[PDB]
Amino acid sequence: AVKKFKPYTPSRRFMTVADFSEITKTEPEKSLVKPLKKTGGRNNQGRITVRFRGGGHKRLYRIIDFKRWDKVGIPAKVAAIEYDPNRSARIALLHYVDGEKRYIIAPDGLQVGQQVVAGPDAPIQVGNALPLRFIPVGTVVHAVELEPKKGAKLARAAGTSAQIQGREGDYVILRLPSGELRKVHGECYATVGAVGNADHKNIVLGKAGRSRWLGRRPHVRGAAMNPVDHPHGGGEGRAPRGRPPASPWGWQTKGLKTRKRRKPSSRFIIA
Amino acid sequence: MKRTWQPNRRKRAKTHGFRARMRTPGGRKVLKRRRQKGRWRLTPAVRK
RNA sequence: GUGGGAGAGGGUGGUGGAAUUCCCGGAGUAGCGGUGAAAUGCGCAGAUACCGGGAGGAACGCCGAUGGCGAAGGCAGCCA
RNA sequence: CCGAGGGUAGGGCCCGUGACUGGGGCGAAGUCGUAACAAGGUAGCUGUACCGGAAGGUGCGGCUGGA
RNA sequence: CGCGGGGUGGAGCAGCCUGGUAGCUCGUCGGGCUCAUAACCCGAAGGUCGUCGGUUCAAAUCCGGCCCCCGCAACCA
RNA sequence: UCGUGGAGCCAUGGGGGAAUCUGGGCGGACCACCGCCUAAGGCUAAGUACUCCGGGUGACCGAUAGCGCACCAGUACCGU
RNA sequence: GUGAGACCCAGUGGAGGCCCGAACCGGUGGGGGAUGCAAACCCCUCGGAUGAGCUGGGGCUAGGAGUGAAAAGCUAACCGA
RNA sequence: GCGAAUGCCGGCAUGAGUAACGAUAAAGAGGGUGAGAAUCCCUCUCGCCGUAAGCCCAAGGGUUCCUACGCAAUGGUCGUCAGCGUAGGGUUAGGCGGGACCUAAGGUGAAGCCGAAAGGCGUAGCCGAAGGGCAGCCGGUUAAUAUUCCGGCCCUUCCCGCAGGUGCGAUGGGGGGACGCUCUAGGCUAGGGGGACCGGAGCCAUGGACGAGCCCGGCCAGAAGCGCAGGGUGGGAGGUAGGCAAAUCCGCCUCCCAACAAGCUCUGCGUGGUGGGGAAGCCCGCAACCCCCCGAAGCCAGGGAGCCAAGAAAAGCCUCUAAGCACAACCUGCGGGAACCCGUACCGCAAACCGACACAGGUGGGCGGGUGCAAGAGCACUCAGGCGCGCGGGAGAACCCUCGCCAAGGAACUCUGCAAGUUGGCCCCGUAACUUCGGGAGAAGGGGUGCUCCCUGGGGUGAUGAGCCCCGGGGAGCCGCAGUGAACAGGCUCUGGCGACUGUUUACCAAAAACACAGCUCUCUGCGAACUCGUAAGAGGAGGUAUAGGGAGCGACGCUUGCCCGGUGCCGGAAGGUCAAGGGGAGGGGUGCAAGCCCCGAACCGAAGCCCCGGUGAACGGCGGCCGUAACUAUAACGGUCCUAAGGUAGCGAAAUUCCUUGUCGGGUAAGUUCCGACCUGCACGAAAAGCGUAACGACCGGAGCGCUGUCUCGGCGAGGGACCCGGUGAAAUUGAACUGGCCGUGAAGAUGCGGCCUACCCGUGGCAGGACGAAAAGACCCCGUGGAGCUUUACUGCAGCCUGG
RNA sequence: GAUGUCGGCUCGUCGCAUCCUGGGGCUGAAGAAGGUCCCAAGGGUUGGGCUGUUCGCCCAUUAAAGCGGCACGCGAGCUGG
Ligand SMILES: NC[C@@H]1O[C@H](O[C@H]2[C@@H](O)[C@H](O[C@@H]3[C@@H](O)[C@H](N)C[C@H](N)[C@H]3O[C@H]3O[C@H](CO)[C@@H](O)[C@H](O)[C@H]3N)O[C@@H]2CO)[C@H](N)[C@@H](O)[C@@H]1O
Ligand SMILES: [Mg+2]
Ligand SMILES: [Mg+2]
Ligand SMILES: [Mg+2]
Ligand SMILES: [Mg+2]
Ligand SMILES: [Mg+2]
Ligand SMILES: [Mg+2]
Ligand SMILES: [Mg+2]
Ligand SMILES: [Mg+2]
Ligand SMILES: [Mg+2]
Ligand SMILES: [Mg+2]
Ligand SMILES: [Mg+2]
Ligand SMILES: [Mg+2]
Ligand SMILES: [Mg+2]
Ligand SMILES: [Mg+2]
Ligand SMILES: [Mg+2]
Ligand SMILES: [Mg+2]
Ligand SMILES: [Mg+2]
Ligand SMILES: [Mg+2]
Ligand SMILES: [Mg+2]
Ligand SMILES: [Mg+2]
Ligand SMILES: [Mg+2]
Ligand SMILES: [Mg+2]
Ligand SMILES: [Mg+2]
Ligand SMILES: [Mg+2]
Ligand SMILES: [Mg+2]
Ligand SMILES: [Mg+2]
Ligand SMILES: [Mg+2]
Ligand SMILES: [Mg+2]
Ligand SMILES: [Mg+2]
Ligand SMILES: [Mg+2]
Ligand SMILES: [Mg+2]
Ligand SMILES: [Mg+2]
Ligand SMILES: [Mg+2]
Ligand SMILES: [Mg+2]
Ligand SMILES: [Mg+2]
Ligand SMILES: [Mg+2]
Ligand SMILES: [Mg+2]
Ligand SMILES: [Mg+2]
Ligand SMILES: [Mg+2]
Ligand SMILES: [Mg+2]
Ligand SMILES: [Mg+2]
Ligand SMILES: [Mg+2]
Ligand SMILES: [Mg+2]
Ligand SMILES: [Mg+2]
Ligand SMILES: [Mg+2]
Ligand SMILES: [Mg+2]
Ligand SMILES: [Mg+2]
Ligand SMILES: [Mg+2]
Ligand SMILES: [Mg+2]
Ligand SMILES: [Mg+2]
Ligand SMILES: [Mg+2]
Ligand SMILES: [Mg+2]
Ligand SMILES: [Mg+2]
Ligand SMILES: [Mg+2]
Ligand SMILES: [Mg+2]
Ligand SMILES: [Mg+2]
Ligand SMILES: [Mg+2]
Ligand SMILES: [Mg+2]
Ligand SMILES: [Mg+2]
Ligand SMILES: [Mg+2]
Ligand SMILES: [Mg+2]
Ligand SMILES: [Mg+2]
Ligand SMILES: [Mg+2]
Ligand SMILES: [Mg+2]
Ligand SMILES: [Mg+2]
Ligand SMILES: [Mg+2]
Ligand SMILES: [Mg+2]
Ligand SMILES: [Mg+2]
Ligand SMILES: [Mg+2]
Ligand SMILES: [Mg+2]
Ligand SMILES: [Mg+2]
Ligand SMILES: [Mg+2]
Ligand SMILES: [Mg+2]
Ligand SMILES: [Mg+2]
Ligand SMILES: [Mg+2]
Ligand SMILES: [Mg+2]
Ligand SMILES: [Mg+2]
Ligand SMILES: [Mg+2]
Ligand SMILES: [Mg+2]
Ligand SMILES: [Mg+2]
Ligand SMILES: [Mg+2]
Ligand SMILES: [Mg+2]
Ligand SMILES: [Mg+2]
Ligand SMILES: [Mg+2]
Ligand SMILES: [Mg+2]
Ligand SMILES: [Mg+2]
Ligand SMILES: [Mg+2]
Ligand SMILES: [Mg+2]
Ligand SMILES: [Mg+2]
Ligand SMILES: [Mg+2]
Ligand SMILES: [Mg+2]
Ligand SMILES: [Mg+2]
Ligand SMILES: [Mg+2]
Ligand SMILES: [Mg+2]
Ligand SMILES: [Mg+2]
Ligand SMILES: [Mg+2]
Ligand SMILES: [Mg+2]
Ligand SMILES: [Mg+2]
Ligand SMILES: [Mg+2]
Ligand SMILES: [Mg+2]
Ligand SMILES: [Mg+2]
Ligand SMILES: [Mg+2]
Ligand SMILES: [Mg+2]
Ligand SMILES: [Mg+2]
Ligand SMILES: [Mg+2]
Ligand SMILES: [Mg+2]
Ligand SMILES: [Mg+2]
Ligand SMILES: [Mg+2]
Ligand SMILES: [Mg+2]
Ligand SMILES: [Mg+2]
Ligand SMILES: [Mg+2]
Ligand SMILES: [Mg+2]
Ligand SMILES: [Mg+2]
Ligand SMILES: [Mg+2]
Ligand SMILES: [Mg+2]
Ligand SMILES: [Mg+2]
Ligand SMILES: [Mg+2]
Ligand SMILES: [Mg+2]
Ligand SMILES: [Mg+2]
Ligand SMILES: [Mg+2]
Ligand SMILES: [Mg+2]
Ligand SMILES: [Mg+2]
Ligand SMILES: [Mg+2]
Ligand SMILES: [Mg+2]
Ligand SMILES: [Mg+2]
Ligand SMILES: [Mg+2]
Ligand SMILES: [Mg+2]
Ligand SMILES: [Mg+2]
Ligand SMILES: [Mg+2]
Ligand SMILES: [Mg+2]
Ligand SMILES: [Mg+2]
Ligand SMILES: [Mg+2]
Ligand SMILES: [Mg+2]
Ligand SMILES: [Mg+2]
Ligand SMILES: [Mg+2]
Ligand SMILES: [Mg+2]
Ligand SMILES: [Mg+2]
Ligand SMILES: [Mg+2]
Ligand SMILES: [Mg+2]
Ligand SMILES: [Mg+2]
Ligand SMILES: [Mg+2]
Ligand SMILES: [Mg+2]
Ligand SMILES: [Mg+2]
Ligand SMILES: [Mg+2]
Ligand SMILES: [Mg+2]
Ligand SMILES: [Mg+2]
Ligand SMILES: [Mg+2]
Ligand SMILES: [Mg+2]
Ligand SMILES: [Mg+2]
Ligand SMILES: [Mg+2]
Ligand SMILES: [Mg+2]
Ligand SMILES: [Mg+2]
Ligand SMILES: [Mg+2]
Ligand SMILES: [Mg+2]
Ligand SMILES: [Mg+2]
Ligand SMILES: [Mg+2]
Ligand SMILES: [Mg+2]
Ligand SMILES: [Mg+2]
Ligand SMILES: [Mg+2]
Ligand SMILES: [Mg+2]
Ligand SMILES: [Mg+2]
Ligand SMILES: [Mg+2]
Ligand SMILES: [Mg+2]
Ligand SMILES: [Mg+2]
Ligand SMILES: [Mg+2]
Ligand SMILES: [Mg+2]
Ligand SMILES: [Mg+2]
Ligand SMILES: [Mg+2]
Ligand SMILES: [Mg+2]
Ligand SMILES: [Mg+2]
Ligand SMILES: [Mg+2]
Ligand SMILES: [Mg+2]
Ligand SMILES: [Mg+2]
Ligand SMILES: [Mg+2]
Ligand SMILES: [Mg+2]
Ligand SMILES: [Mg+2]
Ligand SMILES: [Mg+2]
Ligand SMILES: [Mg+2]
Ligand SMILES: [Mg+2]
Ligand SMILES: [Mg+2]
Ligand SMILES: [Mg+2]
Ligand SMILES: [Mg+2]
Ligand SMILES: [Mg+2]
Ligand SMILES: [Mg+2]
Ligand SMILES: [Mg+2]
Ligand SMILES: [Mg+2]
Ligand SMILES: [Mg+2]
Ligand SMILES: [Mg+2]
Ligand SMILES: [Mg+2]
Ligand SMILES: [Mg+2]
Ligand SMILES: [Mg+2]
Ligand SMILES: [Mg+2]
Ligand SMILES: [Mg+2]
Ligand SMILES: [Mg+2]
Ligand SMILES: [Mg+2]
Ligand SMILES: [Mg+2]
Ligand SMILES: [Mg+2]
Ligand SMILES: [Mg+2]
Ligand SMILES: [Mg+2]
Ligand SMILES: [Mg+2]
Ligand SMILES: [Mg+2]
Ligand SMILES: [Mg+2]
Ligand SMILES: [Mg+2]
Ligand SMILES: [Mg+2]
Ligand SMILES: [Mg+2]
Ligand SMILES: [Mg+2]
Ligand SMILES: [Mg+2]
Ligand SMILES: [Mg+2]
Ligand SMILES: [Mg+2]
Ligand SMILES: [Mg+2]
Ligand SMILES: [Mg+2]
Ligand SMILES: [Mg+2]
Ligand SMILES: [Mg+2]
Ligand SMILES: [Mg+2]
Ligand SMILES: [Mg+2]
Ligand SMILES: [Mg+2]
């Protein structure tokens, strides 16, 4: 839905925020070895190596389960659906019959009360994980793994998802969120359903700050700087680049493909 | 107005200290050069 | 009120084959396409023509009517 | 106290005039094409939409006041 | 003021650095089709090449001087 | 001395890769003679270099000189 | 209020890079100052003031390098190195 | 061998008894002291501060602290005084703050990884604090210390003995510690105000008052118990696939009871045995200690509500079992004993810290009383407490600074209303276009405002009732020029430009129309992501995963964003052209008597790149000319032709763009090179280096009005601080030497200095700036030097990086 | 090894090739006017609108609203459009 505000102040006549009803029934994290001190920091060993990051509200890190083959067959009830500052997606706190509690990136549709489980035996329904091989071609899934046992790495952003296009050998063809067609091993797990909280792509930040609360500091334009700072910089009084769109480091930034050519990763891609 | 020198005992020790000067080969050379010139104070004398 | 009838009335979910386009593989060679006649265009970097495998979208041939339903605009594959 | 009226300030309605600009009505024989009336030589029309010297042309849907 | 480009039948353009050979489209004129005007068809006429003089056997064509049309420049003070 | 030169020799990062005296390197590309020497393990005084240190001298200075300091100087003072 | 709604009222409520304005953070115009009180100061005036706020202490990044809401600005009173 | 090098070092001059003596909070006098006092000590007047100019703590400073002696120098004067000189004292802790505790960022760093060496990452561990954890309150003393010594009251650890208890026991498990922002309830407390009440030495002045008068003061701490507020918390009983299962502890299910609770716990606050303090008053000496009211930003605290940006760690502490050990061992009592190290002076918004100075500057935390004003930490006055700023005394010029006032006029000033005025708080009336419906709004324009007396409504606390406070409502009445009577305290409106907005910036000449910004588009990137730093290891990205992350441009929102892929870039093309090693060896050469050994070397097979083919504009970019033509003329819908990759669309237009140009009309003005509206031969607008608009916003830039004024006609008077004079102290740039006049000539072309002529006794003081081509800076501009740097690219040549064959 | 550059403000002084005001000769001078030349600066030679402007062009006046030199006089006198 997204909450909108009356214009009782500019920057706030455009501002809009998430429908937090989805979450509710729990704001406090499941402390139980669930959150960890999380180190902030826009740089590595001294130098900033990603520009314009910093500041931004204090943040606790919830550790979530991205490889569910741990508890194969051990079912669990969905305790709650909480808020995670560290992601676009919302998480779900789930108590296992085992007694062990874990977190999972909350799929769309999942509800407090439902039961869930991962395994080959597992029933094909929202929240359940299984190797892609045992998932019916056509079903939508999220939190897909890339190589087996390596853990989930695909379709995890709010409202994202992958769809099975069909098997072919030990591999199964997935159409990824981006739209790429990749062959992924059949043993790679993946929980059924879409990522949920798809209204996300619609929230309008609103003001200059807030972009700040999210830890994103101002991004200054190339042309605005000087010959020394960027290739675009310079020229007496406003100019047009000067041919041909480039990054501060000098590589062309409009259309120039960048992924490695001889990458073995290919052969399993097509899109 | 707020001037350049703002004395901090701990900062001074941790920066120009003896131990500090010892860790870095550059510093060890400083201690060397000074000791060899005859300085009475090899390091910024400061008491705590 | 009780008992029954017909209907492309409406809304939701699901599903079927035909055909177009594109992708992959095969086989195959000098044109294809288009018109009043042409040209642009496509094709020896292997097109058109044919087979196989696949993706996706929109529309529902025969029944179909000079027919039916709706207050009008309008409503047509099958299923609940 | 009330008070004609004067004063100050801010609104409302109406009339005149206004560089310049917009269509419009009207005027024997000026210019360009030829949309429409007969398959008007691409059936006409039509609400909408884009476009063009101009009539108009095309899209989509509808009408017969065309076959 | 200083640079460079251009004046060719009636209009708009070729020809000129590689001199002897003036080409194209439109218009103009005579004749056809049409009741007729266009369109369309056949045929034809028209060019100090801006100039003043010079080189050459020979000059639109090469070399100078003038009259022109259009552009480019004109900065530090 | 050798700056690609006719460029050997001595080193050696990469590739190929022997033989043990009928073995193997060199004598300035390369061949052939003639001749030199024995690689892929190691050690080895003296003659040689310097002057923090002790001494001796000086057509060296004599307190703006001579070491920055003849004196309580790498001090005072200056600088994070 | 209506079939049910939308919606409209009061009341409560106390949102906001909202308003005025001290502390605090600035530095708009003018005047004074110019061997200064001061190698950037003073008086009047003015901007922000729950936020992209201010600030103490502890830490990290540096010379073709850092840092930069971008002036070639800042990097110990003069930085195109 | 010195005369010059803006030479180097030192000394001493000149300016000059000049500027200045460092906030315009302010001084006077009487006593002392002494060789000498405006300046030291005492007293009495006076003025200034009083969210301080007063207290307390951190940092830094290191003896400046206290006492006795002293005055050369140091204090911008003086000095008997001092932060100065000499000497001697002075800083006391189980509880305050640190360490024999804990962890943060980060640092270090066994293992482990990397790197010519130096060295770089880095696990465990260790280090690291204004954060966590932890036991002291009220008084009293010294010249100087005190939560440190002492008094009273109250605690903390360890060790021993002892009685009484229990499965005791980890560096392991679990719980816990434990956390945001904004808004808030109920009690409290700190703090403050009154009192007809309590206790007091005293005072009746000057016209009055013996007064329910005036004046002073009416508390602090305090175990257990005791109350009053709160914070925490369901009890049971069984199973169990988890807590890298070792558990009767967690966690999970299952099930009797019970729940806007009770009890159990843990704080806060009163109360408390009792200890402590205790003024105004003369001679240096009298004690109560009660009652109302206001009341926190603090306490109960882990209280509650709402919100999105979703808010440290570890130890102590509970609990659980492991080995083990059950003679251990822990637990509770109770007496005895034991209890280390470092800091403690003083300054601390400043004369002791950072600014070379006793420098109008800078410096984090807490307290910060009273009255009045709507409120307040604001403003005015004032407590406590602290100061009068380390040169003074006169005079009463110009001129300067800061300040007050002004006839008549009222922007005529001027680049410009620059500056100054006006307005100003609160209550009430009452308010337009336009708009994104919030706003514009404090629009504008007005009225009221003091005190006196009467009537009258709600509340809080009490108790319902009186006091005490908090909000009000209505009549009359008094006095001034004036009632927010002083101080704090908007001038307003109309119409343009730019940027949407709050915000950032050139520390120290630019605060802006610049940057940023939400938002739009393009593009890269399938995760060991792209990209960035690094030789590397490794790291950031990100414990993220295309609703994500990098790069680019545009820059809210509205309506929109045309045509040209010729060139350039980028994307796509398994074909061809070309193409390096390398493979391949037709063929040829050097030598040998030779087998040989050596050299060249064509066909042909050989990547990426370039070529070629195609796409591509919110990629770099580009987006025409010349003739003719209507039945008055003008003009040209229409036509011809040349060129192109295509010839600029909507919209806007003499503009932040228009040269000609003060374009031409219209508006405003008495008059308008600016402004607004129109037009359009746009020298040279135009669509994301976006185009045209837009409510609101702006210390942004332009044009008008009203108000109001010393801006001005046009200047006048007055005040304070300087200037001037006297006493004290006493600089600076500059300076070839000077005995340094005018004119007209002359001269290297602008003469005190040459010529001629003309004035002119010697020397100062207060003023003014025409000259000394005055000072200050070896001119920035300019040119020059085969000088230097920063920047650019289809300049040359390299290197990183990346692509590529072997 | 530096002579501050436009305009304005303030203070002026000088030249005459005179814009007023004084004398005067011609006149196609009737008068009143004017025109042109001659002598003569003693003293005069306004306030606004527009522009940085000098200069101009306007508005309202006047006897007239003169020209030009003094480093396009004057920044150790001010202003900085
Ligand atoms: N006709 C009046 C209105 O305006 C237009 O009509 C105007 C024009 O179309 C029309 O112009 C015509 C022209 O069309 C036609 N081809 C040629 C003719 N000579 C012109 O005629 C015009 O001009 C002449 C003078 O020159 C006058 O005398 C005459 O009255 C006038 N109508 O003249 C009309 C003016 O009245 C609309 N087309 C018409 O439907 C409408 O009703
Ligand atoms: Mg930006
Ligand atoms: Mg810039
Ligand atoms: Mg830099
Ligand atoms: Mg570039
Ligand atoms: Mg560059
Ligand atoms: Mg430009
Ligand atoms: Mg550029
Ligand atoms: Mg200093
Ligand atoms: Mg410290
Ligand atoms: Mg040291
Ligand atoms: Mg020192
Ligand atoms: Mg269907
Ligand atoms: Mg099909
Ligand atoms: Mg197609
Ligand atoms: Mg095929
Ligand atoms: Mg084939
Ligand atoms: Mg085809
Ligand atoms: Mg019907
Ligand atoms: Mg339907
Ligand atoms: Mg009346
Ligand atoms: Mg009108
Ligand atoms: Mg009208
Ligand atoms: Mg008309
Ligand atoms: Mg008409
Ligand atoms: Mg006619
Ligand atoms: Mg038609
Ligand atoms: Mg029509
Ligand atoms: Mg027709
Ligand atoms: Mg037709
Ligand atoms: Mg047709
Ligand atoms: Mg119609
Ligand atoms: Mg058109
Ligand atoms: Mg049109
Ligand atoms: Mg046209
Ligand atoms: Mg069309
Ligand atoms: Mg139509
Ligand atoms: Mg149609
Ligand atoms: Mg139709
Ligand atoms: Mg119909
Ligand atoms: Mg029809
Ligand atoms: Mg039909
Ligand atoms: Mg011709
Ligand atoms: Mg011929
Ligand atoms: Mg011809
Ligand atoms: Mg003919
Ligand atoms: Mg004929
Ligand atoms: Mg042998
Ligand atoms: Mg050898
Ligand atoms: Mg060899
Ligand atoms: Mg040899
Ligand atoms: Mg030889
Ligand atoms: Mg040898
Ligand atoms: Mg040896
Ligand atoms: Mg030896
Ligand atoms: Mg020797
Ligand atoms: Mg001697
Ligand atoms: Mg010496
Ligand atoms: Mg001597
Ligand atoms: Mg010595
Ligand atoms: Mg109804
Ligand atoms: Mg409400
Ligand atoms: Mg605000
Ligand atoms: Mg504001
Ligand atoms: Mg404010
Ligand atoms: Mg000034
Ligand atoms: Mg302010
Ligand atoms: Mg620090
Ligand atoms: Mg810091
Ligand atoms: Mg550098
Ligand atoms: Mg600096
Ligand atoms: Mg440099
Ligand atoms: Mg340098
Ligand atoms: Mg000399
Ligand atoms: Mg000297
Ligand atoms: Mg001197
Ligand atoms: Mg003097
Ligand atoms: Mg004097
Ligand atoms: Mg003086
Ligand atoms: Mg003083
Ligand atoms: Mg005495
Ligand atoms: Mg006072
Ligand atoms: Mg200290
Ligand atoms: Mg001392
Ligand atoms: Mg003292
Ligand atoms: Mg004494
Ligand atoms: Mg003295
Ligand atoms: Mg004495
Ligand atoms: Mg002393
Ligand atoms: Mg202690
Ligand atoms: Mg750490
Ligand atoms: Mg390390
Ligand atoms: Mg290290
Ligand atoms: Mg520690
Ligand atoms: Mg601590
Ligand atoms: Mg904390
Ligand atoms: Mg804690
Ligand atoms: Mg602490
Ligand atoms: Mg303690
Ligand atoms: Mg106590
Ligand atoms: Mg003391
Ligand atoms: Mg136990
Ligand atoms: Mg634990
Ligand atoms: Mg824990
Ligand atoms: Mg806690
Ligand atoms: Mg309360
Ligand atoms: Mg109290
Ligand atoms: Mg009292
Ligand atoms: Mg009383
Ligand atoms: Mg009396
Ligand atoms: Mg009390
Ligand atoms: Mg008590
Ligand atoms: Mg107790
Ligand atoms: Mg209780
Ligand atoms: Mg229970
Ligand atoms: Mg175990
Ligand atoms: Mg259990
Ligand atoms: Mg008591
Ligand atoms: Mg009582
Ligand atoms: Mg209360
Ligand atoms: Mg055991
Ligand atoms: Mg046991
Ligand atoms: Mg010890
Ligand atoms: Mg003390
Ligand atoms: Mg303070
Ligand atoms: Mg000070
Ligand atoms: Mg100091
Ligand atoms: Mg002083
Ligand atoms: Mg402060
Ligand atoms: Mg008030
Ligand atoms: Mg105050
Ligand atoms: Mg005076
Ligand atoms: Mg006046
Ligand atoms: Mg008056
Ligand atoms: Mg004016
Ligand atoms: Mg004026
Ligand atoms: Mg102006
Ligand atoms: Mg002003
Ligand atoms: Mg209005
Ligand atoms: Mg209206
Ligand atoms: Mg307004
Ligand atoms: Mg207004
Ligand atoms: Mg009164
Ligand atoms: Mg007042
Ligand atoms: Mg004020
Ligand atoms: Mg406009
Ligand atoms: Mg702005
Ligand atoms: Mg702002
Ligand atoms: Mg900044
Ligand atoms: Mg700033
Ligand atoms: Mg600045
Ligand atoms: Mg500003
Ligand atoms: Mg400024
Ligand atoms: Mg900026
Ligand atoms: Mg990470
Ligand atoms: Mg991005
Ligand atoms: Mg992106
Ligand atoms: Mg921009
Ligand atoms: Mg823009
Ligand atoms: Mg549109
Ligand atoms: Mg192109
Ligand atoms: Mg192309
Ligand atoms: Mg390709
Ligand atoms: Mg080869
Ligand atoms: Mg041979
Ligand atoms: Mg070869
Ligand atoms: Mg190739
Ligand atoms: Mg054209
Ligand atoms: Mg005509
Ligand atoms: Mg005619
Ligand atoms: Mg005619
Ligand atoms: Mg014409
Ligand atoms: Mg035409
Ligand atoms: Mg177009
Ligand atoms: Mg225009
Ligand atoms: Mg104009
Ligand atoms: Mg322009
Ligand atoms: Mg103009
Ligand atoms: Mg102009
Ligand atoms: Mg007029
Ligand atoms: Mg006018
Ligand atoms: Mg103006
Ligand atoms: Mg004006
Ligand atoms: Mg205009
Ligand atoms: Mg243009
Ligand atoms: Mg533009
Ligand atoms: Mg475009
Ligand atoms: Mg553009
Ligand atoms: Mg605009
Ligand atoms: Mg406009
Ligand atoms: Mg502004
Ligand atoms: Mg304005
Ligand atoms: Mg005016
Ligand atoms: Mg005045
Ligand atoms: Mg004196
Ligand atoms: Mg002369
Ligand atoms: Mg003379
Ligand atoms: Mg002489
Ligand atoms: Mg004098
Ligand atoms: Mg002078
Ligand atoms: Mg000079
Ligand atoms: Mg020079
Ligand atoms: Mg320069
Ligand atoms: Mg040269
Ligand atoms: Mg090159
Ligand atoms: Mg010179
Ligand atoms: Mg000179
Ligand atoms: Mg004369
Ligand atoms: Mg005169
Ligand atoms: Mg002006
Ligand atoms: Mg003017
Ligand atoms: Mg002259
Ligand atoms: Mg003059
Ligand atoms: Mg001048
Ligand atoms: Mg002077
Ligand atoms: Mg200026
Ligand atoms: Mg200025």
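Chain A is the first sequence line, chain B the second, and so forth, proteins listed ahead of strands; every chain is numbered from 1. Technique stated in the header: X-ray crystallography, 3.3 Å. Ligands are counted one by one from 1 in listed order, and the atoms in each one are counted from 1 as well. A fraction of the deposited model is presented, and contact counting is confined to that fraction.
Bound to ligand 1 with the most contacts here is the chain that the PDB entry lists as 16S ribosomal RNA. Drug at ligand 1: paromomycin. For paromomycin, the other chains with a heavy atom below 4.0 Å are labelled D.
Other-chain residues and nucleotides with a heavy atom under 4.0 Å from paromomycin are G25(D), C26(D), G27(D), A28(D), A29(D), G30(D), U31(D).
In the PDB entry, the organism given for RNA chain D is Thermus thermophilus.
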